[PDB]
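Featured here: a structure holding Bestatin.
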Amino acid sequence: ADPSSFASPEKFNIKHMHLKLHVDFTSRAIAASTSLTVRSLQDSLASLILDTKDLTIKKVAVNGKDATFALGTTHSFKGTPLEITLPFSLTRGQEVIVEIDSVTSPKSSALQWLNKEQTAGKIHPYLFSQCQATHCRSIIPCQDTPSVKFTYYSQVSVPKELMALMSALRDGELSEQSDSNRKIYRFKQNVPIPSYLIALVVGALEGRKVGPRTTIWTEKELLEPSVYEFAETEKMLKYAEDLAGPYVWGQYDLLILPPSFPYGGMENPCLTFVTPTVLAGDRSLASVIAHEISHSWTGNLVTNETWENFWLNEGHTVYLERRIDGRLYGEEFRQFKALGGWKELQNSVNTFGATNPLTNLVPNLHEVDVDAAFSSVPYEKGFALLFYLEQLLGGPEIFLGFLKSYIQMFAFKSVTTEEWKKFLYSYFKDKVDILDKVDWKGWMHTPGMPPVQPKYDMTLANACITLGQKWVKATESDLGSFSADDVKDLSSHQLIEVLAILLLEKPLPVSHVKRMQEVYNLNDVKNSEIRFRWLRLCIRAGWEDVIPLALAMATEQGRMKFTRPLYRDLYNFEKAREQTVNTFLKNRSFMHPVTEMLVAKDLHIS
Amino acid sequence: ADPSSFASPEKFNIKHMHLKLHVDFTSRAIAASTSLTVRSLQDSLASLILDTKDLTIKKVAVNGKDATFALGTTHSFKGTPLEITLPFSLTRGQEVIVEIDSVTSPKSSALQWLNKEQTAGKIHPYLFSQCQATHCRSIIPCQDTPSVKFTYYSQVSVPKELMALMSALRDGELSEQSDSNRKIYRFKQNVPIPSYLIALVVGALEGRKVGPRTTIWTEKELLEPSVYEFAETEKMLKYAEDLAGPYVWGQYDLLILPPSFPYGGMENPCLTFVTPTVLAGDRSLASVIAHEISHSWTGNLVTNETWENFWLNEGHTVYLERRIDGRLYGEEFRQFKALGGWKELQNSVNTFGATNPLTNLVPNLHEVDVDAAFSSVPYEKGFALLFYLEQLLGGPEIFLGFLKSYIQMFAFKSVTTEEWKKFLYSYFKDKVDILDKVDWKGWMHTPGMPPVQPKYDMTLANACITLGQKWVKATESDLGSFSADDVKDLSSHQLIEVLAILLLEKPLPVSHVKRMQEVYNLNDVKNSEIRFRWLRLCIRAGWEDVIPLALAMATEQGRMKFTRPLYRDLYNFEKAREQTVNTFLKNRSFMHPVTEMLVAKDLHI
Ligand SMILES: CC(C)C[C@H](NC(=O)[C@@H](O)[C@H](N)Cc1ccccc1)C(=O)O
Ligand SMILES: CC(C)C[C@H](NC(=O)[C@@H](O)[C@H](N)Cc1ccccc1)C(=O)O
Ligand SMILES: [Zn+2]
Ligand SMILES: [Zn+2]
């Protein structure tokens, strides 16, 4: 039983969904007629509990009659439970069809409605979804737990001048005989997926082929720079297939969303959603594609049972991503991204607290808001464990054999940390003595930094550690020693690392960040990862000059990784506090509901 | 798609089955309440066509409605179709639940109902099923085509001491309400399987653990020798996993059937069905386990689209089985089983005809009875192609990489030979130049022997070909030269090969088969593969003394590989013809329906 869901996967399972979605831009609504194939797992089951959040349920019908439904008490973040009385108690594992007519709220946490004024084309509105982790319940009533994987078919009614796309293969266009002003797009998803992987985009979209199974989709204005930035998608997909095995999803498309998309990348099956903030014109932030590609195996094919087991998803994907980086830029770069991961984990454990139970690899999420619980811990502590196991068991070639068999063993299924450990011991049966050496309790259920640190190559990192130390130990007299030469021989990833280590230490004087701008000219760097860290460093320093720059980056884009900390730091900055609160209220209606709720709680607004 | 089915896989797909099976031994029938989850593949579906054979359909209910159903024009072997005309036109990608109440006929081709006198001693009755290829129709209404793969859950009502087992994981024991002369044994199969892979056994069964995921099931009397004969099941399962990848079915159990089981092995998921005829007490015929284990990948996990594509299932499984035997007994033994395979193919081509289109690797089965079309061609011409490709593309290590990616590529799906050839060319993109050199037309759609013969190691075979040649070229004066020395140091597989050689050669004189008995004493060999060939050779020779021995083996065991040729040869033997016809008329009621029917074609009737 998932603590983030109201549904019981041990009682029943959704095996298939037929979705009739009516998209209305005037109402900002999605009226859904969902037909759910329910399989009973318990004998003589009388009730059916599904997850809903700000959803209006019109009617429920089980085998054509009308079933008695009842909504429970609305939880603080989990939403409202919906109970359905079945006409007959069934005989497990018996299957039945439950038809539900619902409608979303315009405030739906999963969706973002943009007027033409907000969009790039300025003629048409835009809609896009973000269901991960628990927002699918804000669109349709479901077992919104990654433990339940289902196949789906959908029909989407939209204004005829607009394009619609889903996390499925396109299955043709249909004419809406009732409304001539409308078109019906159809989609097929024959591979079982969890609810968080359901996605929908409706807008003025244009797409062009960039590979035998890759079309890049976005608004005309962003199309030309998106094809250059993500030209090597097929190469990345092929490199991943060599490592993980065959691609079972048929198609790998990309969609570049408006700047309000709350993440950098989203692995929606058949259609990866990407932020325009990675468009740096040099493909330095394009590892986001190799990461999303790798989810096609670790996450989408083999899913985490609950969000407590989220590291199985992100830790293995980060491992696969860094192996693709290995065959690309070299083993020295792979080792550097591994070491940079440790620092991001160190950066996340301090933000949450070295003692916070949320920093456990397998955390307790009972009565915990998953969106407010998001961190680099499942990513980097999860990766560190797999990279430490790799060194312990004989190298990358030997560890890849395990990962391949693991993907094959649990393909199309959901997995717990216990199943993963049982499989790890089953595979390394002759090396079981080396497995019994690892401190499993320290790795799985202990807050803070991991018990043991893996052996890393320090070739690329040495220059980053040195520069950072020089800056934190510099006085006003040493400021003159710093020059352009310090960052001139460094790559973008090397510049990210030195800034990250400066952010991890005590706040720098106003004179030092002024000296940084003087010799490094970090104010004109377009690279999002560098700029965000540079602005955050200046705010903590107490530099008043950076307030209009930090406010600019926090409002011109809506990626939570960047927007949420910039707003928090700006609020804790006394001189800026007034303007930042007033900047947020003036932009509150034009931002994503998840980003908004999280930024409003931080500012003590709500 | 399948010319053997009346169902349309392009129109709708069965995704799940909930089976409520009532088994009654007094009536010898299975009353089934099947709940089918139907997924529409067409935009506006009005009708639902399913396969049935000697089935009685009581009522059909679609989401709680008294649905109207009609049967079309009856077929000679495919069966009479069942049309369910839907009240409302289903849409593309929509799922519905179709409840059907049926009952089998006691003559059901899929089942065998053997009396308390036919079982071990005189304790309790026994029931066992055999679905492959098209007999699942004879139990439940379904899309009886391997192109449709579905998950299932079943509840079966059986007597207390008569334990029930299915091709699924056990999901606990339970009790019944009315008509209390039964007990519920429930099962769950969460891996999609084709209709030919559903299985059921009900009898006085006992089990014993021989491995973490293996328990041998048999009658107490056959239990002790079954655990010795199949002690190395886990070792074989592990050796297979090293070759094919992870075992996804959770458990691998074995069940040893009464001698009436029509085959040697049946790969039913989680519960392999094995003949008691392989119990030779030396594990010399235990490669049958390595073969059914291999089907867990090529067959169960990756299924043949139709029975025209049956070589993808049996050819790849024969290849995997011989890779396991090569690891247990060495590369020399592997090469010898391959060479012995070529000899088994030439025996089938000899029987069906060198020109018979049924001897094509991918045959046309339009208006063809699949049970009457069974041969070693999909097995051996299939294996030979894969073994010839192996030698052409760089060895076993390189060819195994292909097989591994092939299994992963098509896991949980059905495959055509066109998909297989497209995958072979994508995998060996580097060797398309050597691939375009193979005679694909000669290999896929030409009757008789394959176009090219693979290179074999002759170390173990040399002694077999020599002895056979000596026997066919011996005169009355040479008979004295033969001694025990000729066979006594040959292995059982070496003795099988020399007999197989002799059976393809011209009928031997009565004096020669009499001398064989004198120096080799082949009349007291218990090994089934040796005995069957020895008896067939003697019938071929016209030796009257072997008539009561051939009749004995043909009636004490019902494995079609042995029983069917022994009966055919005995009928074509003028002196025996009368007694053999009268011997089957006295055993007619005690045989399997698939075995008992094929005598109307062989013994003429
Ligand atoms: C590793 C990075 C390059 C990409 C990273 N994205 C991810 O890890 C995604 O695939 C995750 N799906 C992001 C996510 C996590 C939890 C809830 C909602 C969304 C991001 O920063 O957006
Ligand atoms: C090849 C041998 C090791 C065993 C052989 N059995 C098989 O090949 C099984 O896998 C077959 N699946 C048996 C079969 C074939 C066709 C129709 C119904 C049943 C047999 O002779 O019974
Ligand atoms: Zn990710
Ligand atoms: Zn077989």
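Chain naming here is simple, since letters A, B, ... match the order of the sequence lines and numbering starts at 1 in each. Numbering of ligands and ligand atoms starts at 1, following listing order. Determined by X-ray crystallography, 2.3 Å, according to the entry header.
In the structure shown, the parts corresponding to Bestatin are ligands 1 and 2. Lab note: main contact partner of Bestatin (ligand 1) (name per UniProt) = Leukotriene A-4 hydrolase.
Every other chain with a heavy atom under 4.0 Å from Bestatin (ligand 1) is listed here: A. For atom 17 (C) of Bestatin (ligand 1), the nearest protein heavy atom (residue, atom name, distance) is A:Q132 CG, 3.6 Å. At least one N or O atom of A:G264 sits closer than 3.5 Å to an N or O atom of Bestatin (ligand 1).
Within a heavy-atom distance under 4.0 Å, Bestatin (ligand 1) reaches the following UniProt peptide-binding residues of chain A: A:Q130, A:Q132, A:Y263, A:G264, A:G265, A:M266, A:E267, A:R559.
Taking 4.0 Å as the cut-off, A:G265 counts as a neighbour of Bestatin (ligand 1) on heavy-atom distance. Residue contacts with Bestatin (ligand 1) do not include A:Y196, since none of its heavy atoms lies under 4.0 Å from the ligand.
Near A:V288, with a cut-off below 4.0 Å to any heavy atom, the atoms of Bestatin (ligand 1) are 3 (C). In summary, the atoms of Bestatin (ligand 1) found under 4.0 Å from a heavy atom of A:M266, numbered by their order in the structure, are 12 (N). Nearest protein heavy-atom contact of atom 5 (C) of Bestatin (ligand 1) is A:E292 OE2, 4.3 Å. The atoms of Bestatin (ligand 1) that sit less than 4.0 Å from any heavy atom of A:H295 are 10 (O). Closest to atom 11 (C) of Bestatin (ligand 1) among all protein heavy atoms lies A:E314 OE2, 3.5 Å. Remark: Bestatin (ligand 1) and A:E267 share an N or O pair separated by less than 3.5 Å (distance only, no angle test). A:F374 CE1, 3.4 Å is the protein heavy atom nearest to atom 15 (C) of Bestatin (ligand 1). Checking only distances, A:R559 does come within under 3.5 Å of Bestatin (ligand 1), N or O to N or O. In terms of N/O distances under 3.5 Å, Bestatin (ligand 1) is approached by A:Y379. Under a heavy-atom cut-off of 4.0 Å from Bestatin (ligand 1), the UniProt Zn(2+)-binding residues of chain A that qualify: A:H291, A:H295, A:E314. Looking at A:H291 next to Bestatin (ligand 1), an N or O pair under 3.5 Å apart turns up.
Besides Bestatin (ligand 1), ligands or ions with an atom closer than 4.0 Å to that drug are found; these are ligand 3 (zinc ion). Site of Bestatin (ligand 1) with heavy atoms closer than 4.0 Å: A:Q130, A:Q132, A:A133, A:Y263, A:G264, A:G265, A:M266, A:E267, A:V288, A:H291, A:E292, A:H295, A:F310, A:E314, A:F374, A:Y379, A:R559.
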